[PDB]
Amino acid sequence: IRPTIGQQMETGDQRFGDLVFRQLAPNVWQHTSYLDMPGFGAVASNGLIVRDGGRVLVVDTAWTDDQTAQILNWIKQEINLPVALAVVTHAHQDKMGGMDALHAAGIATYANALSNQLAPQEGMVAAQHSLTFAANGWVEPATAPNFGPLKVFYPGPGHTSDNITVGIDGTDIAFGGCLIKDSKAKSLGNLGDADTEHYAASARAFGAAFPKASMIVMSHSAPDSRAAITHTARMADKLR
Ligand SMILES: CC1(C)S[C@H]([C@H](NC(=O)[C@H](N)c2ccccc2)C(=O)O)N[C@H]1C(=O)O
Ligand code: NA
Ligand SMILES: [Zn+2]
Ligand SMILES: [Zn+2]
């Protein structure tokens with residue numbers, strides 16, 4: 001698979017069905033799925049799979065229900081542990097397109113309350129549970145029970161008003177979803193639903209919430225250094 005948008009296949013990538021998986025840490029993998037757009041080619045999107053405490057936690061669906069079912073089948077073959085929950089990082093197809101497949105499999109799903117409120121308007125199925133956030137961006141703990149090492153942070157409006165981010169405690173990894181672009185990116189992607197006034201502050205807030213992380217994982221590029229955060233913020237500075 002050679003995407004028009006998104007990272008290409010490299011050493012360390014395992015093809016499974018129509019998906020690609022890459023191990024990032026002993027208990028963390030990146031899932032990649034592709035949306036084939038007529039006349040344009042494939043768009044890759046990345047999410048995470050985390051093994052913690054005898055279970056698996058998923059960050060983001062694939063673009064489709066079938067692709068998300070294939071993620072669950074890869075988990076069964078390679079990890080063979082129950083998938084306890086999924087957190088999805090905003091109400092757009094690349095992050096929430098496969099909700100029905102998670103629900104059919106009995107997996108509990110979580111999203112920002114605002115993602116769930118926007119979901120139908122965005123063509124998405126809402127998650128079963130809503131996360132809420134303090135004014136400082138951190139998830140209200142009672143809304144995110146039994147999240148293991150996942151640290152869920154709402155950085156403010158940016159790529160969308162509802163975008164959230166996830167760090168993995170005890171690892172070098174933080175996940176910016178579609179908010180963060182890589183350090184060589186030429187644009188901020190689709191700004192159609194974006195908050196151009198607050199984007200730069202939201203990117204910087206993500207960086208400050210996860211100060212230690214050296215591996216920055218994002219929706220449409222390979223994992224990068226913290227230069228992805230700095231570059232995203234500087235690009236966003238130009239929007240205001
Ligand atoms: C890769 C994208 C430019 S498209 C994706 C998202 N768009 C979708 O999920 C749409 N369903 C879509 C429409 C046509 C082709 C591909 C995706 C968005 O608008 O943020 N995230 C964007 C982004 O992360 O900047
Ligand atoms: Na929209
Ligand atoms: Zn989006
Ligand atoms: Zn995206």
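Residue numbers start at 1 and run along the sequence shown. Indexing begins at 1, ligand by ligand and atom by atom, following the structure's order. This deposition comes from X-ray crystallography, 1.4 Å.
- This structure shows the largest set of contacts to ligand 1 coming from the chain the PDB entry labels Metallo beta lactamase NDM-1.
- The drug located at ligand 1 is named ampicillin (open form).
- For ampicillin (open form), the heavy-atom contacts closer than 4.0 Å come from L35, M37, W63, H92, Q93, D94, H159, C178, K181, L188, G189, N190, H220.
- Set against the non-hydrogen atoms of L35, the atoms of ampicillin (open form) under 4.0 Å away are 15 (C), 16 (C), 17 (C).
- Using a 4.0 Å threshold on non-hydrogen atoms, atom 4 (S) of ampicillin (open form) does not count as touching the protein.
- With hydrogens left out, the protein atom closest to atom 19 (O) of ampicillin (open form) is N190 ND2, 3.0 Å, a heavy atom.
- Of all atoms in ampicillin (open form), listed by their number and element, those nearer than 4.0 Å to a heavy atom of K181 are 23 (C), 24 (O), 25 (O).
- Not one N or O of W63 is nearer than 3.5 Å to an N or O of ampicillin (open form), by distance alone.
- In terms of protein heavy-atom proximity, atom 11 (N) of ampicillin (open form) is nearest to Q93 OE1, 3.0 Å.
- Considering only non-hydrogen protein atoms, atom 15 (C) of ampicillin (open form) sits nearest to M37 SD, 3.1 Å.
- Among the atoms of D94, some N or O lies under 3.5 angstrom from an N or O of ampicillin (open form).
- Residue-ligand proximity, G189 to ampicillin (open form), at heavy-atom distances under 4.0 Å covers atoms 25 (O).
- Listed by atom number, the atoms of ampicillin (open form) under 4.0 Å from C178 heavy atoms are 24 (O).
- Nearest to atom 1 (C) of ampicillin (open form) among the protein's heavy atoms is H220 NE2, 3.2 Å.
- As for other ligands and ions, those under 4.0 Å from ampicillin (open form) are ligand 3 (zinc ion), ligand 4 (zinc ion).
- The PDB entry names the source organism for chain A as Klebsiella pneumoniae.
- There is a protein heavy atom less than 4.0 angstrom from atom 9 (O) of ampicillin (open form).
- In this structure, atom 17 (C) of ampicillin (open form) has protein heavy atoms in its sub-4.0 angstrom surroundings.
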Show me the short polar-atom pairs for ampicillin (open form): any N or O of it lying under 3.5 Å from a protein N or O, with distances only.
residue, atom, partner, partner atom, Å
ampicillin (open form), 9 (O), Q93, N, 3.4
ampicillin (open form), 9 (O), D94, N, 3.4
ampicillin (open form), 11 (N), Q93, OE1, 3.0
ampicillin (open form), 19 (O), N190, ND2, 3.0
ampicillin (open form), 20 (O), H92, ND1, 3.1
ampicillin (open form), 20 (O), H159, NE2, 2.9
ampicillin (open form), 21 (N), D94, OD2, 3.2
ampicillin (open form), 24 (O), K181, NZ, 3.1
ampicillin (open form), 24 (O), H220, NE2, 3.0
ampicillin (open form), 25 (O), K181, NZ, 2.8
ampicillin (open form), 25 (O), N190, N, 3.0

